[PDB]
Student: 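My questions will all concern the structure given below.
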Amino acid sequence: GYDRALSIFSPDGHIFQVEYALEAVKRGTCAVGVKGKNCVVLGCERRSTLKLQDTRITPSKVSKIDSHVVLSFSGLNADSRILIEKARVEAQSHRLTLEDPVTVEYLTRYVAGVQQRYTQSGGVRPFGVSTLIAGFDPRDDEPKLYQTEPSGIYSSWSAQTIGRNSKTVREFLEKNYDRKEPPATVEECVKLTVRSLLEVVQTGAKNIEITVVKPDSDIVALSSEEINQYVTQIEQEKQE
Amino acid sequence: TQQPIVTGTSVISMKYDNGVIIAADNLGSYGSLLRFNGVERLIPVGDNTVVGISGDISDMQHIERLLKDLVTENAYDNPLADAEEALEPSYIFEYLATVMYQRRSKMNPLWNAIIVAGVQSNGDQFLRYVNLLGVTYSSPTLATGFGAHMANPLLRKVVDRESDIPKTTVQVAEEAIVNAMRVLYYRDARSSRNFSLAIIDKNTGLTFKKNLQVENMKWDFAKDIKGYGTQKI
Amino acid sequence: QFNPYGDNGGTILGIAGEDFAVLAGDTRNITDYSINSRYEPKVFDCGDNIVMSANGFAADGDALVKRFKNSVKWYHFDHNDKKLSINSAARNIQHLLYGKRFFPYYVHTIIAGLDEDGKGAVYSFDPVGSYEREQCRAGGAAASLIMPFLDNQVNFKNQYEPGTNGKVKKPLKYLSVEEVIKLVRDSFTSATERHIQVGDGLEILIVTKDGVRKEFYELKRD
Amino acid sequence: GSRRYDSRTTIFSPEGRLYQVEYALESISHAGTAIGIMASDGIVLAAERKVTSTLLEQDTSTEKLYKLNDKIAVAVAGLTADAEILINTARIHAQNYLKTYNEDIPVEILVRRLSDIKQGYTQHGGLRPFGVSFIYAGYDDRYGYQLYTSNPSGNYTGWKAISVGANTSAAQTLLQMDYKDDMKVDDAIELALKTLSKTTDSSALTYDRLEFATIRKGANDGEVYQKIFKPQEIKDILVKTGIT
Amino acid sequence: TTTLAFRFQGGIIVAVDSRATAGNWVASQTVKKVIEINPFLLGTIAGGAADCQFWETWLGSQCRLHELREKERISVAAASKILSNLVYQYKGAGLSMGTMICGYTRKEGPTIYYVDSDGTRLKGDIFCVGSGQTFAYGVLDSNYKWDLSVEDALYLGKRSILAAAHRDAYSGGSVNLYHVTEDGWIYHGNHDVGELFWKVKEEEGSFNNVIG
Amino acid sequence: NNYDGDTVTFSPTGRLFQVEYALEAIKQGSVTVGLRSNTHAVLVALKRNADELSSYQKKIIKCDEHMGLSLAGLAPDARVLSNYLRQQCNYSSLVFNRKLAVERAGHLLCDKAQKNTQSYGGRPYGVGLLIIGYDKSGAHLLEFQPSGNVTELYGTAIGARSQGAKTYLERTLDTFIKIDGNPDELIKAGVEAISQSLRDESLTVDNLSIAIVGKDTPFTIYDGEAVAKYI
Amino acid sequence: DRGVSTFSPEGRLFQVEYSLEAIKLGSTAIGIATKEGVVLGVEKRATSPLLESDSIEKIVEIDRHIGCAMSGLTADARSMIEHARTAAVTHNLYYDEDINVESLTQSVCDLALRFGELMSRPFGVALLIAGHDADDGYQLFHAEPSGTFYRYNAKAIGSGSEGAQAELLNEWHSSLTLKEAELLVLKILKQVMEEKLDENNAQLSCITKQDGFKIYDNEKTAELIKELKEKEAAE
Amino acid sequence: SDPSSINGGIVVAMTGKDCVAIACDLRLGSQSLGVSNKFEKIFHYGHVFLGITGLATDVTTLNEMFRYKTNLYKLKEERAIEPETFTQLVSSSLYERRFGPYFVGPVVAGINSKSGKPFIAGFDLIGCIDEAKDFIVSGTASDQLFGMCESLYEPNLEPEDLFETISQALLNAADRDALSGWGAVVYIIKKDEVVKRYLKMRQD
Amino acid sequence: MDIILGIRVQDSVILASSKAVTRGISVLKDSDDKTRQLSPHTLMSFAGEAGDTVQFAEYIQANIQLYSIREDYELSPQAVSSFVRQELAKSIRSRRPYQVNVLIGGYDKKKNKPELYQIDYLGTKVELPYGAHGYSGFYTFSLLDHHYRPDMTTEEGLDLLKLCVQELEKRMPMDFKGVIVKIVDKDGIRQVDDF
Ligand SMILES: *[B]([O])([O])[C]([C][C]([C])[C])[N]C(=O)[C]([C]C1=[C][C]=[C][C]=[C]1)[N]C(=O)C1=[C]N=[C][C]=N1
Ligand SMILES: [Mg+2]
Ligand SMILES: [Mg+2]
Ligand SMILES: [Mg+2]
Ligand SMILES: [Mg+2]
């Protein structure tokens, strides 16, 4: 078998293949995650260079791992499918052996472990993907939002963004998001998520995707018209 | 798992004051057929050890090759192969015992009973048994097959415990072995008159005697035995 | 068909004292109705103040003891010459035995020594690794003859105090090393009388804080 | 040892791109243009054969349009030999699904499987990727008529109308201009041929330089028919639309 | 062997006998048939001694690894399923095991799982396992209520083992009592049958058949 | 230069640079001394510390009751090779009821190190070893190099500044060989030998490490206040 | 290019030396051993204020009597911790006892050099393994990706290591109490950290014979930080 | 115990003038217990018809297997498989499981689309081809079917006459077998039309 | 385990499964649910050798749930039954086969029809209006042959099911401790708590 060490250290103590995998994430479309008091919202960018697309059948950016957990990403699209599949398998495997669905932290730890394994295995390159994993633990009403990256490190976030122009939207969230009092309702949380994407997206038409996840496996994806109403309200308030 | 085909019968042995004696007949039986009359079942290893083997002859020949190969391997990169780092009886036995137990553990045994007789570097007598099951034991007298039932009782009258070993000379010990071989020829239906005997002494070394025969047999009284009870003529 | 198991007879006995422990075993080795050896050592010093015996099928018995002695050696290498405690040895032996669960070592194993508080300890095993610490245990061919005698004379079972008539039990006073050796010798003499696979000689290993001492006694040779 | 000669096909550039994938896409950009157009009542697949000869036996030839099963077909752009390896794998995958569930494979599931195979060659194994881009035209009872594309990266996307191979930039602009949602198959046939006729590097578009196919519900009652056009049938539709 | 465990108002009662036999030979009267997996999990054992000891000792190692990895104690359901999935791999090989995995957690409450070497895994309120299980069931079923005091429930478990120890030839020796609560298990002593029988006979007025 | 990328490449003058670079790791390592008489064999090792808060790296490893070694270079490689010796000594005991000869132990180490110098992918061992032992032919001392070369000697030293101790032993050859039935005097000669390799630092209680094996003396290691006698 | 297990002309493994440079870029971790216990402390170093700092797990339990702190590429440490936990529990299964801290450390270090062309590169993380056993008492070990481990009375690893180690040189003595050690870790962490030290961006832990390994709460650490400020202002 | 007679069932095939016929019963049972009366044993891949008797799980498995293989054949060959070629494919597929065989009794029937020649064939469980001119029988009442076919059959029968012969052969054979019956189906096959007829028979 | 029944009526599928779990001479439990929900509109009951039954059912459950998440779509009962059959057909020629018989009751939301499939451990699939495994069918099929009509309501189906259980309770030797009844229709799966 092909055993070649592709991910290796350099004189300055860097693993370039892992760092170049982050550059692939930097190229990817923007993804954002914001958690409220009783909800989490995942926002995603759709680049409008691709028109004449069939939005019914085109792979959606936000993927369900289980009925209570979701995964969005920035980076290579093909690579993301492999992580999502493994995660979905592990979710069912956990239910089978532990007789309880995965916690969001556990699912994140697994996905992050897979990414890490690909940074010190022979004959493989790292995943060019960073993920945002969000949801609610079984029988728990506390919102959860985690991030992973090609190196394999993971951590929890009150709010976070990844992908192209993520530096700008992270700047927005850092001043607008208050920890002492987060978005109390679903509306407030979605509004803040759409606002943060509007700093980068360009047009607020079919370029913004929103997915709301609530406790007890209550996940729903917003339509074009529903999102367009948020876009209208934000700009009308801005004209002042 | 197999069955033994061509087989060798008893191997008998005992310790004496300055060494050990071992003996075995020259027959290779094929069931009830006394097929091969010139089979050597005592195999010397160096000038200080003799391995006596009973049971399956094809497996005996395999073991013979293993020992021959052991001497070759010991000589490799060994300037003291004919001195301090020569093969000892204890080394040769433990090797065989390892093999026998390994083979029984794979359910494919070497169908043999083996007695390793010899003298160690420090002059100590070595005599130990091992068989197809990997079972091992030592005793002042050791015997396989029918020998266990008929030879041991006779040899144990000479050396009954450890303290009787220094009191037993080579002449007395050899006499007991030769007598035991005669008794086996009287009573073992798969034995032969012709046998080999080996003495390993700490002073006079290895003496290997071939083409010995059972002699001074009592048969004359047979003429007086008539019928099976009431018959007179 | 080839039968990979055999029965080499013999019998072993472990007794735990207050600050000592003994492991005894007869020196006879047999197959069927023949004697192989009148003196074939069966109880072994395995280092770290632990004595061991694996009675039943001698080939498996020797293999196990050999592997445990090996385990003691590698325990020193891997853990900075640390002394292997009797409880740790017992657990290790369970894994050696259960490792061959589907092709067992056909033996009844007993180990003896001192625990980490300096008190006498005896551990007993079945062929497939089940074990248990005990104050008293006989194993092997004549175990059925000896154990009841030990229940009576070591643990004072079915014994009460005169005058009270079944109300007050006999108090469980401790036994000295001289008192234990008397019970061991009588156990084997009695077993020798009624069991054909027991006889020739008795070898006792006594374990104390000072080390491992040996004692040998003659038994009937018929 | 052998390390000296290893090209390292599965690594990132400093910019975060997969060298071999990018170069494979450059190879595909020189391949004959293939167009897929999806309508309300069917799908059209059109493709241009590359600089043919008069002595090429056309009626028995097949380099662009392949049949995966009765419901799904693909248009190829790139190395034909590479494509056939993947096509045979896809045919087997469809049959495995049919054997397992006793139902025809959904289009997306087949597309995802092939796309995952391509992905694997970019992440592990040290082998070169497949220099192939597919247009998948298919039908199932869940999503109805569907158009997909996959490329050497193993990334796939859904489309209403799409082109692969040469002059996709020019071709996509023309499709984006004249395509409408309420369009029908007959109109889509005309759009496909008109788009090729303008983007082609040849002097004139003729029947012998084309492969054509449709997936219609235009079949006796509720069922789907695949029609791989014959040379004479391509010649007739070229006259009908008014190109020749 | 006789082992039982039942759920009630004050948590779980676990009671076992102490005898081990090889044919008609009594091998031991002092066997520990309750295994302390952790401060909140107990495992009973019946059938093959080595199989039971080895794998329930092994189970404790797997449960300890779980709480190191997950920063949270293992559930009774998950602990029981680790064991049942393990023995299922060995199905047909000849393992002989009958166990109750007994414990308490916040999410589950007091829970008992019966696990067996055929691969059977059952949640339930009452279980009796072993050669003398039928004798234990007789006493237990006729006297069981949810509203029992810790003191009365402990006696019922003790008395049910005694009943089986008397009638079943392969049960006896002594009775080990455990009480599992919200705050973990509590040991309630070794009770020799040789003394317990005469004590119960006199005080309870039972066993009028036997002479004493 | 162009021929040092891997172990599978000879240079134009017939040199193996990766093996020579592995040899260089030994010279960087702390000094250790070996010497023997007819009755006993002694190892003396100068242990090295990272700083004042750190412990002193152990230099001597036991292989059997009658054999052990001291290391200089990559310590993990010494752990791999000593583990191999432990197994080989142990195989000889279990199978042949025979204590492994020190000469044969050297032959096994040579052949193990060699395979790593001829195959692609792997690397040479980065450590040198001094093996002492007492077998059926008396006391022995070996010097192992990761090129594969093993050498039986009366005395020697390896590591940094080892040339000083090696010269001392070369002068003292006739004296220390005659130290029979006297372990303390043989150790004294070893401690005096390793002292010739010292600069700036001197032998302290937790710095020095001594090991010995002999006729009626199992392989035992001395550290701490047990070696204060010899300072 | 060049081999992964290649020696430099100086006699060092290139990849091992390069991994040590990655560890220097990592966040600071400090360990101090005493007769009353061993203290472990780390710098969390959150990349952004939106990152929930309590989810940063750079101090980890291996067993009840052994703890661990890390520095460098912390993702690489997960398999090392898993191996350590398995080794600790497995030894308890085989020997019915706690495993020696040194033996546990040795087991972890055996993985270090299992790389070639096994894993494709060395670990890019250093570990401070602290614990207690009956034989050698309270211990602190430093486990590198070279496969080498040193025992220490006190040790600092990460970006501010050489500056912290010099401070530990002067401050450490054999009669330190546990409380004194806790404050000393906080003192040195505060000195080498970029951002201002508080309970949210720094974490403490300890291992004692009685209570075993414990990660300190943010409320408990906050008091020790407040206790530190007062005693420094006292003179 | 005997796999070939757990579920029960029968198949028969016959040749006529420019036509072939294949028929089967509808029973599926578990020994004495009748379970299903809709279990058809005749399948078709294009114009080639395959009847399969024996163990029901293998009947189903092999149908799915030959559907699989004939579909791939058609995609690659760009034409439907013929009866002669399919017969070889069945034989090959059965023999590859020589020492772990499918417990079945297959029967092929059809008309070659190019030559127009009627074709029938039978197999044993491991793949041996019996290519008969007149008729093929299979199943638990094979003895009965042999007796009926050998007496009732004559060559060159017209499609509508051939229907009567094969139907009477099946029905009367099934009525002397405990594990066969519970309904019956008859396929009459001509070069470009195929008629399927369900027969009324005794339901015991 | 012992008795599992199934009946497909006009607009639903009803599965009935015994509650008893007997090991040897003791009834260990009298409230055991011998079924698993594979998907919102598909239910599988099971009976066979101890251990194998649950292990197989949960394994199938996990696989169908995995498919549902991956495609965001529910498989048809026909598709699920075919998947289950293949697993059992694969199993029968394994080293140690799954010794499990199953009934799969589902409501096809596409065709708006209830569907009942009977599959034995060999992988023998049949679609039926009513089905049973083990010795149950020997009593119940004759009753169902008489009374069943294809246009029965769910309430009529339950009455016909009661008549089956009464016959089993009268004539079968084993005390199976009653049955748990579950209904599968357009609205999903629900349990009849009083029976
Ligand atoms: B109990 O009777 O199941 C008991 C429990 C065991 C944990 C001690 N088992 C045994 O006593 C078995 C024999 C047996 C009797 C009745 C049913 C099943 C099994 N004995 C042993 O496992 C055993 C182990 N070592 C020595 C002697 N006996
Ligand atoms: Mg006698
Ligand atoms: Mg498990
Ligand atoms: Mg009939
Ligand atoms: Mg069936």
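By convention in this document, chain letters (A, B, ...) are assigned in the order of the sequence lines, proteins followed by strands, and residues within each chain are numbered from 1. Excerpt of entry shown; contacts counted in excerpt. Both ligands and their constituent atoms are indexed starting at 1 by order of listing. All values below were derived from every heavy atom in this structure, side-chain atoms included, with hydrogens, water molecules and symmetry-related copies excluded.
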Student: Which named drug shows up at ligand 1?
Tutor: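 It is the drug bortezomib (bound form).
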Student: Determine the main partner chain of bortezomib (bound form, ligand 1) by heavy-atom contacts under 4.5 Å and name it as in the PDB entry.
Tutor: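 Most heavy-atom pairs belong to Proteasome subunit beta type-5.
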Student: Which other chains have one or more heavy atoms under 4.0 Å from any atom of bortezomib (bound form, ligand 1)?
Tutor: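 Counting heavy atoms only, the answer is C, E.
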Student: Show which residues surround bortezomib (bound form, ligand 1) within 4.0 Å on heavy-atom distance.
Tutor: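 The heavy-atom contacts are C:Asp126, E:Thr1, E:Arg19, E:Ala20, E:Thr21, E:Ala27, E:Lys33, E:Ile45, E:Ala46, E:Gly47, E:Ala49, E:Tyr170.
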Student: Starting from atom 1 (B) of bortezomib (bound form, ligand 1), which protein heavy atom do you reach first, and at what distance in Å?
Tutor: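 Protein heavy atom at minimum distance: E:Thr1 OG1, 1.4 Å.
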Student: Using a strict 4.0 Å cut-off to heavy atoms of E:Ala20, name the atoms of bortezomib (bound form, ligand 1) that fall inside it.
Tutor: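 This gives 8 (C), 11 (O) as the contact atoms.
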Student: With a cut-off of 4.0 Å, which atoms of bortezomib (bound form, ligand 1) are near a heavy atom of C:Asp126?
Tutor: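 That gives atoms 24 (C), 25 (N), 26 (C) of bortezomib (bound form, ligand 1).
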Student: Okay, neighbours of bortezomib (bound form, ligand 1) under 4.0 Å, other ligands or ions only. What have we got?
Tutor: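 Found none.
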Student: Any idea which residue and atom the entry shows joined by a covalent bond to bortezomib (bound form, ligand 1)? Or none?
Tutor: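 In this entry the covalent bond is to E:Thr1 OG1.
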Student: What atoms in bortezomib (bound form, ligand 1) come closer than 4.0 Å to a heavy atom of E:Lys33?
Tutor: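 Under 4.0 Å from E:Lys33, bortezomib (bound form, ligand 1) has these atoms: 1 (B), 4 (C), 5 (C).
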Student: At what distance is the nearest protein heavy atom to atom 21 (C) of bortezomib (bound form, ligand 1), and which residue and atom is it?
Tutor: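 For atom 21 (C) of bortezomib (bound form, ligand 1), the nearest protein heavy atom is E:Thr21 O, 3.9 Å.
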Student: Would you mind listing which atoms of bortezomib (bound form, ligand 1) come within a distance below 4.0 Å of any non-hydrogen atom of E:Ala27?
Tutor: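 Answer for bortezomib (bound form, ligand 1): 27 (C).
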Student: Looking only at protein heavy atoms, which one is nearest to atom 19 (C) of bortezomib (bound form, ligand 1), and how far off is it?
Tutor: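 For atom 19 (C) of bortezomib (bound form, ligand 1), the nearest protein heavy atom is E:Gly47 O, 3.9 Å.
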Student: If you measure every N or O of E:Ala22 against every N or O of bortezomib (bound form, ligand 1), does any of those distances drop under 3.5 Å?
Tutor: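 No.
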Student: If we count only non-hydrogen protein atoms and require a distance under 4.0 Å, does atom 5 (C) of bortezomib (bound form, ligand 1) qualify as touching the protein?
Tutor: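 Given the 4.0 Å cut-off, atom 5 (C) of bortezomib (bound form, ligand 1) counts as touching protein heavy atoms.
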Student: Using heavy atoms only, pick out the UniProt active-site residue of chain E nearest to bortezomib (bound form, ligand 1) and give the distance to 1 Å.
Tutor: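 Going by UniProt and non-hydrogen distances, it's E:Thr1, 1 Å.
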Student: Using the PDB entry, name chain C.
Tutor: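 According to the entry, Proteasome subunit beta type-6.
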Student: Cross the UniProt bortezomib-binding annotation of chain E with the residues having a heavy atom under 4.0 Å from bortezomib (bound form, ligand 1), and give the overlap.
Tutor: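 Heavy-atom check against UniProt gives E:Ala49.
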